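Structure (with berberine).
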Amino acid sequence: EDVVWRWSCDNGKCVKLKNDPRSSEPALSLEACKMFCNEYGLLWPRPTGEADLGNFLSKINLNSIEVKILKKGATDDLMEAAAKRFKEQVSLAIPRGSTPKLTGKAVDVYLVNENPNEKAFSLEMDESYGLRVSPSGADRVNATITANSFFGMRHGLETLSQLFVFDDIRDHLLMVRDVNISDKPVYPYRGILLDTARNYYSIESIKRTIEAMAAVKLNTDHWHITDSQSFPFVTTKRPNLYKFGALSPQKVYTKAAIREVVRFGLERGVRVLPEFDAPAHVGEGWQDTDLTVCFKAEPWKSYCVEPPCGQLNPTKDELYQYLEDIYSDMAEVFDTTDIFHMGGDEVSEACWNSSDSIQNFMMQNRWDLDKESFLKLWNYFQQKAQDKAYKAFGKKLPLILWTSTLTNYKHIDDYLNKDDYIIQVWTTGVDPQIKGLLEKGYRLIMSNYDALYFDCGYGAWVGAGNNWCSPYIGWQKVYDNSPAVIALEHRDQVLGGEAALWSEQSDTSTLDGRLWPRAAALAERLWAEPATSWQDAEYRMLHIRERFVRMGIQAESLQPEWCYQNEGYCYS
Ligand SMILES: *[C@@H]1O[C@H](CO)[C@@H](O[C@@H]2O[C@H](CO)[C@@H](O)[C@H](O)[C@H]2NC(C)=O)[C@H](O)[C@H]1NC(C)=O
Ligand SMILES: COc1ccc2cc3[n+](cc2c1OC)CCc1cc2c(cc1-3)OCO2
Ligand SMILES: *[C@@H]1O[C@H](CO)[C@@H](O)[C@H](O)[C@H]1NC(C)=O
């Protein structure tokens, strides 16, 4: 069957009109109308520099797309892999069940990597790129991507793939004829936190996530790989941790699997950042070691935030031999990360107090048993754990901790320093802690629970009702949450943001809907920091959702497809 409608741009809105045969004007398909009716067309995220999309499209032979790398170097296999994936991303323009006519011009993609040896992740890496498309001769297209590193190069490959549209009226694959794009991100840390300990996530689902992250230029997969409920990380030096801590023998993450994920991410510009939360958020796996306290302590509401309770015992010297082995095994397989997340989630003082060995350790020292003295013990633990982390990675590298009582800006300088520790922020953007931390020079990663906790809104998992941070955070609230508004003058200290998917109520089955397309809103906010609000990005957000679905992502549905086909009629 054949498409019946056509679309025509009118005041920045594609209006659906009947495709009457008695017309001399060529019918426009829906996406062809959108590509030029919209200020930024079908691009997500919108570029930050020049965004010249011209006015016309060119028909393209899908089979005549060839990529040529002009500068060889150490990133040859990376550029070759990113070039091979480029054609699959072009086929994403075509709806499933439709076949384009193998007709039209040929495309020449010219990749220019100005530093073809650089392939390390760093907060200072250059993700910029230049993209220009123009006719070449009489039957060819010259698409030239120029970037200072491979990572910017494959960002430009991503943007180039979004410049293809499928004409489902005529079954023609089209491309923007004359493009001039210069682009670079506003923030260097654009991440997603995946909790794979409160519930297991298949390795295939994790790599599907990375695929969708690269599609919107997110670059950091924060792998919250352990917690109280399970220990799926296969640590070779301490094998009892995962053998006793895993939910099942197959719900683990082997060295080979992690190397797969890490390499999969590197090929797509995604740094895989591992976290070992400590000294709280520990439990299963540590049985028979006597290195924890209050594991499964009852009543749990007296001893921890959520069951099961359990914290490391920092007074045992053997603890830091365990941690050193854990970090070392992590550093072996997570060999592309430049940052290590050490958790620092809120420690329960009632739990540490209920241990005699801990109380004796503090009486033996010059400490009492008050709130201030358990801050002594926490900093005592963090100081030694930090030493082992440095040794394990064979290098002093940035460490991340959460906002907590340990990182309260009023006394954080007693324990940490702004050069060694990055602070991940879960508090709201109007919380005084953010201003105080910024004035002390600390660098921040924004994960405000009122706009970036992707677990909020569902039913309660203890008792009845809804979970603690309900209501559900729509993509509009994710888009409008701006770190520049939150940090103001200190915005350069903000390294970026990170959508947090805690997995008390999420696993392999719910992964796609939890993250997409809401994380794409965070992707544009962190890449472009637009002065405009979500309503200006609404039409493009609807398209990027459809693109996710085409990739095989079970993305959440935002609006009726009728609204997508009838821009302007769905408003409030
Ligand atoms: C493809 O297009 C690119 C950019 O439009 C061309 O590269 C430019 O070449 C001119 C001279 O011919 C230089 O002054 C510019 O600095 C180049 N731009 C960049 C970004 O490198 C390229 O020559 C074209 N290739 C073909 C085969 O037509
Ligand atoms: C780190 O930020 C976090 C992280 C996790 C948090 C978890 C919970 N709370 C704040 C949190 C928080 O804000 C402090 C509020 C109380 C609460 C009750 C619960 C629950 C979870 C939580 O599940 C069972 O009943
Ligand atoms: C620790 O336990 C003792 C009881 O021996 C109590 O007096 C003290 O207040 C407790 N500390 C905290 C922080 O609750």
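Residue numbering in chain A adheres to the PDB entry, whereby the residues present occupy positions 23-594 in order. No hydrogens, no waters, no symmetry mates; every other heavy atom, side chains included, goes into these values. We count ligands from 1, going down the list as the structure has it; atoms in each ligand are counted the same way. Looking at the header, which is where the method is noted, we find X-ray crystallography, 2.4 Å.
Across the structure, berberine can be traced to ligand 2. Per UniProt, the macromolecule in most contact with berberine is Chitooligosaccharidolytic beta-N-acetylglucosaminidase. Measured on heavy atoms with a 4.0 Å cut-off, the binding site of berberine is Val327, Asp367, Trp448, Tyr475, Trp483, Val484, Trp490.
When only non-hydrogen protein atoms are considered, atom 4 (C) of berberine lies nearest to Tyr475 OH, 4.4 Å.
Atoms of berberine lying under 4.0 Å from at least one heavy atom of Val484, given by number and element, are 24 (C), 25 (O). Listed in the PDB entry as the source organism of chain A is Ostrinia furnacalis.
Listed by atom number, the atoms of berberine under 4.0 Å from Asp367 heavy atoms are 1 (C). Among protein heavy atoms, the minimum distance from atom 11 (C) of berberine is reached at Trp490 CZ2, 3.7 Å. Contact annotation for atom 14 (C) of berberine: protein present (non-hydrogen atoms, distance under 4.0 Å). Counting only heavy atoms of the protein, atom 8 (C) of berberine lies nearest to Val327 CG1, 3.6 Å.
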